[PDB]
Amino acid sequence: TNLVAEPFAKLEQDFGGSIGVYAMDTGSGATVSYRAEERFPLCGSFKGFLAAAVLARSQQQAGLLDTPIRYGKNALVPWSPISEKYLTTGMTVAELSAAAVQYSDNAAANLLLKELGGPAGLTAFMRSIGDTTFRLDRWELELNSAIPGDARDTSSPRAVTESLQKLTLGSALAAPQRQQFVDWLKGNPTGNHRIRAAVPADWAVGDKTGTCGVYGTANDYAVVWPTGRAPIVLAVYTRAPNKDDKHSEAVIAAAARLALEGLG
Ligand SMILES: C[C@@H](O)[C@@H](C(=O)O)[C@H]1CC(SCCNC=N)=C(C(=O)O)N1
């Protein structure tokens, strides 16, 4: 594990913070781990799991995805580029889910959390798939505080990867819901400088990013489909000790590359 770990330790030292990585080859079972059981703030990366929770609920409530959500101005919070434009009409649950995943829309995220019973409702969904590490405690935008030591609104790289595998490739979602989730991740345009930058252009990638805006705290998780080979699932999370420390997309891409090249 010393030969595996040492390039990650070098990377996080030059970054000035901590990096957590977990990658799984779903065919052979091979893994790469670095700080994989440490907690890191989720930031907006929870929004991918939120959409999966909504899709899962639609398996027990026919028509949930078509349900109209007609909201007022108070539902709007900072960084709500899609939901801001439909204030005059409303949006359906599926339209809000697409906005949360592909634009990281904060109002859409809060509206979907409300549908699920709050942050506790998303945590309960994650428990239902066997994830005991994930916890969402607060709403947007308070969940982005990323204060050193705080376990609220965190998970671990290993738990993120394991849950992502269950939702995108396992049995948790029925086929139509599973393909919708995969399509939302594949079409996400916010992560071009993160895990996607480490992956050959020929290979499809679906990802969800998070960027807290403080404490150098940012992340990405992804499924990678190498052509004619079993898919890979991976997660890369960062944090830093000072409130004004800057996050780095380049560090996330570099750590993704180190993990992908070390699988086998
Ligand atoms: C709301 C803010 O904290 C952040 C988050 O939820 O983590 C929003 C803003 C951003 S927009 C991405 C900007 N990309 C620049 N290259 C993200 C994200 O990384 O997905 N989500």
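In chain A, numbers come from the PDB entry; the residues present are 26-57, 59-252, 254-291, in order. No hydrogens, no waters, no symmetry mates; every other heavy atom, side chains included, goes into these values. The header says X-ray crystallography, 1.5 Å. Counting starts at 1 for both ligands and their atoms, in listed order.
The drug name recorded for ligand 1 is imipenem (hydrolyzed form). Counting heavy-atom pairs under 4.5 Å, the chain with the most contacts to imipenem (hydrolyzed form) is listed in the PDB entry as Carbapenem-hydrolyzing beta-lactamase KPC. Annotation: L167 places no N or O atom under 3.5 Å from an N or O atom of imipenem (hydrolyzed form); distance criterion only. Closest to atom 21 (N) of imipenem (hydrolyzed form) by heavy atom, among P215, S130, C69, is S130. Residue-to-ligand polar distances keep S71 apart from imipenem (hydrolyzed form): every N/O pair is separated by 3.5 Å or more. Under 4.0 angstrom from imipenem (hydrolyzed form), the non-hydrogen atoms of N170 all belong to its side chain.
Heavy atoms within 4.0 Å of imipenem (hydrolyzed form) belong to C69, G70, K73, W105, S130, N132, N170, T216, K234, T235, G236, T237, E276.
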